[PDB]
Participant: 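Dumping the structure here so I can ask a few things about it.
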Amino acid sequence: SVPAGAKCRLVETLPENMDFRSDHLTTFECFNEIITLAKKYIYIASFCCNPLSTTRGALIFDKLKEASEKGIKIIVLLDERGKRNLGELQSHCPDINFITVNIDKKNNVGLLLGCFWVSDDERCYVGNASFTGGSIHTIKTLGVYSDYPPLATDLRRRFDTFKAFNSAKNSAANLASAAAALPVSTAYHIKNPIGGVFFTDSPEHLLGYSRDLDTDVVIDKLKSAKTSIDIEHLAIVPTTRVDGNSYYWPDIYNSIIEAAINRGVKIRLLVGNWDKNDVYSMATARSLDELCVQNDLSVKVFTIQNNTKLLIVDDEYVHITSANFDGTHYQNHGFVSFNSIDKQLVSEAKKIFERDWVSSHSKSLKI
Ligand SMILES: O=C(NN1C(=O)[C@@H]2[C@@H]3C=C[C@@H]([C@H]4C[C@@H]34)[C@@H]2C1=O)c1ccc(C(F)(F)F)cc1
C-alpha cells in the first residue's frame, strides 16, 4: 500500500525580521536533514547560486563541503547566467561538481528555474527556495519535503533531463541527435499520481511525450475552479518584457477573470508591489481594482523579498512552484512544479495562505 500525501510536509523560510510563524519544517533545517541522511549523492538545481550571502547559507555550504569530502557525489546545476559566483564556489568546494546549464541555445530565453533537491532516490526537497543565502535566511520561501523514495526518484528523472543541457562539447544543448536520444521519462503525472502527488514540467520542448505541461495543468485547474482561487505569486501581470521588447500573454490572467465574473469564484491574490514607472503594471493594477469592488475579488501587495509561488484551488488542489504566473516563465523557462490533492496536505497549505493574507506585510491594494 502507498501512503497518503506521499509522506510530504511543508517547508518554508520565515526571516526573523518578519512576522511569519509556523510549526512546519524550516528551509535551513530541511537541507541539514538532506545532507546528514545522504549516503549516495546530492543533486541540487536552481537559477542563481550564492550561499555565502547569509549566515544560514554559509552553514549549509559547509555541511555540503563536508559531504563532498566523505565520498558523496555532489552535482550542482545552475543557469549559465548565474556564472558570476562560479569561481567563488569552486574555490571553496573543489570536490563538488558545478555545471552550467543553458536549456535554450536556440533563442537564449529559456532559463533554468528548476528549484529542487534530490538525494539517494529517497529524500528530496522542491520549492521556491533557490540555492542562495537569501532564500535560506532572509528571503521568505515555501516548499515541500518528502522521504518517500518513489517520489524522489521521479524527481531525480527531472534532474537527468536538465543535466543533459550542459555547455560542454556535444550534448543535448549542442547536438540535435544527442538531444533526441534523451530518455525523458516520468513515473507519475496528473493521469497517474502517487499518494495524491504528481509533477508538472516546463517548457513544452522539454516534455517528450509522457510528461505533463505545467501551463496546461494550471489553466485547467483555474477553469475548473468552483469555489475559491488563492494565489500567492510575485505578479500576474499578463505582460512581461523580454530583451528590449514587451511580450503579451494573458492565458493565466484571463482564466482567473473568467472564474470571478462568469463563475463568481471568490479569488484572493497576494502579489508583490510593482513599479509606478511601469505602465503595464499600473494598467493591470487599475483593472484589478475595479473587480474587487464589482465581484468577489480581493488583492493585497507585499514589499518583502519573497519567492513564494503558491496556488490553492477550492481547498482541494495545491500548486507550489518556483516560476511566476506570467508569459516569459511558462513559455520558455524550465522548472518542475509540485502538485498535490491530498486534503490534509492542501489543508496545511490553506493554513499558510491565510497567515500571509492577514500579515502586516500584506497591505491592501490602494490606487
Ligand atoms: O485586464 C484587463 N485589461 N488589461 C489587459 O488587457 C492588459 C494589457 C493592457 C493593459 C494592461 C497591460 C498592458 C497589458 C493589462 C490590463 O489591465 C481587463 C479585464 C477586465 C475588464 C473589465 F473591467 F471589463 F472587467 C477590462 C479590462
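Going by the PDB entry, the residues shown for chain A are 6-372, listed in order. Remember, it's 1-based here, ligands and their atoms both numbered in the order they're listed. FYI, side chains are in, hydrogens and waters are out, and symmetry mates aren't considered; it's all heavy atoms of this structure.
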Participant: Say which drug appears at ligand 1.
Facilitator: tecovirimat
Participant: Which chain accounts for the largest share of heavy-atom contacts with tecovirimat (ligand 1), under its name in UniProt?
Facilitator: Envelope phospholipase OPG057
